[PDB]
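Drug on board: cefixime (bound form).
By convention here, the first residue in the shown sequence is residue 1. We use all heavy atoms of the structure for the numbers below, so side chains are in, but hydrogens, waters and symmetry mates are not. In listed order, ligands and their atoms are each counted from 1.
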Amino acid sequence: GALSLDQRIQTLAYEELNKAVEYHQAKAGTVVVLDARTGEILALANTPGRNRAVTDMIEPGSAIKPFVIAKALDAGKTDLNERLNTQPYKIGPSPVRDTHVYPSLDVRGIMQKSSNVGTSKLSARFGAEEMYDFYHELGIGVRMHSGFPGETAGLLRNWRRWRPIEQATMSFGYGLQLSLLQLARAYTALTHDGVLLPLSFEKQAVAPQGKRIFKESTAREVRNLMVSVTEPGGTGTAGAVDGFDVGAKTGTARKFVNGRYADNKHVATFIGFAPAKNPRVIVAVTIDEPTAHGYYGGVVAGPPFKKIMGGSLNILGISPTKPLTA
Ligand SMILES: *C(=O)[C@@H](NC(=O)/C(=N\OCC(=O)O)c1csc(N)n1)[C@@H]1NC(C(=O)O)=C(C=C)CS1
């Protein structure tokens, strides 16, 4: 069977990843590029050393939020008109707080601004066991059986052990662990009209058997919300691509070092798809411990996402949906 890898995309992803890691004087980085319609793995790139894309568990951080928001919409726990109070709070020593105090936000705003408070409130409308099953259905804790040695399953703690604060902090991506490949896979539920794809290392003549996570209508509405992330007002404007609308999500995760979360060491993540309305490509970028030129997901991982996505669309012959201006 024809290998799914596209050499030009692989080269592009590798070169842009290593350029970004150098520019930000980071420890390491990883990129996954997927066919958004059939789940072909087009590129898997790493900084020198092991195949971190498949071997390394990371916390998804705010890259989990699109799924929580989609689930809440899908189940009718919220809608596109609700305006949620998003003031911060604590339970005991644990804060539930955003980068800024947003007094209130609608679901679009929660996505756009990356509101931990907003996402936690939507998650809290579901029971713990329901959320556990949901995360497991996204593939968290479920090995890909890629064939690569040292491949990780990720980690999903048994729901019977969860404190109520833990369900909340999981909704903005603490505690959950998965590889970047497992995380990129999850995004196929949003691009492939609600249906999670298994991913493939060979070209597929038709979409393989998947599993429905969301209604098609939910997936379509969520993709539209995610375009807010790359437009003025969003966290991820650095990932906007000339000629296209891009649905994306940023993540900035405190690193866990010496038994505690560090306040000044982070992992920067940017995951997105285009064309947003009718997606063809998913690009996932993570940069571990940037020490120069910033640390926010949008600022650090946005620019390489932009280059890799723009280049991939061109390589694949996908036409711009709006006039070019660059
Ligand atoms: C999303 O990733 C979410 N991030 C956090 O809540 C985390 N840390 O915040 C940064 C800090 O210094 O406290 C976090 C989640 S899991 C983990 N280990 N850390 C929000 N998203 C973004 C973003 O890029 O979209 C943020 C940007 C600064 C922080 S809040």
Chief binding partner for cefixime (bound form) by contacts (from UniProt)
Probable peptidoglycan D,D-transpeptidase PenA
Show the binding site of cefixime (bound form) at 4.0 Å, heavy-atom contacts only.
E59, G61, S62, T99, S114, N116, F172, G173, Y174, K249, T250, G251, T252, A253, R254, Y261, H266, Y296
Give the residue and atom name of whichever protein heavy atom lies nearest to atom 24 (O) of cefixime (bound form), and the separation in Å to one decimal.
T252 OG1, 2.7 Å
Using distance alone, determine whether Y261 and cefixime (bound form) share an N or O pair under 3.5 Å.
no
Covalent connection: cefixime (bound form)
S62 OG
Should you measure from each heavy atom of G251, which atoms of cefixime (bound form) turn up under 4.0 Å away?
2 (O), 24 (O)
Students should be able to answer this: which protein heavy-atom is nearest to atom 25 (O) of cefixime (bound form), and at what distance?
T250 OG1, 2.6 Å
For atom 12 (O) of cefixime (bound form), what is the closest protein heavy atom, and at what distance to 0.1 Å?
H266 NE2, 2.8 Å
Could you tell me which atoms of cefixime (bound form), counted from 1 in the order shown, lie closer than 4.0 angstrom to a heavy atom of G61?
2 (O), 16 (S)
Under 4.0 Å from a heavy atom of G173: give me the atoms of cefixime (bound form) that qualify, with their elements.
16 (S)
Nearest non-hydrogen protein atom, atom 6 (O) of cefixime (bound form):
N116 ND2, 3.0 Å
Among all protein non-hydrogen atoms, which one is nearest to atom 19 (N) of cefixime (bound form), and what is the separation to 0.1 Å?
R254 N, 2.9 Å
Output the list of atoms in cefixime (bound form) that are nearer than 4.0 Å to some heavy atom of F172, sorted by atom number.
6 (O), 15 (C), 16 (S)
Closest protein heavy atom to atom 20 (C) of cefixime (bound form), given as residue, atom name and distance to 0.1 Å:
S62 OG, 2.9 Å
So, looking at chain A, which UniProt active-site residue gets closest to cefixime (bound form)? And what's the heavy-atom distance, to 1 Å?
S62, 1 Å
Nitrogen or oxygen of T99 less than 3.5 angstrom from that of cefixime (bound form):
no
Is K65 in polar range of cefixime (bound form), meaning some N or O pair under 3.5 Å apart?
no
Just distances here: any N/O of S114 and N/O of cefixime (bound form) closer than 3.5 Å?
yes
What atoms of cefixime (bound form) come within less than 4.0 Å of a heavy atom belonging to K249?
25 (O)
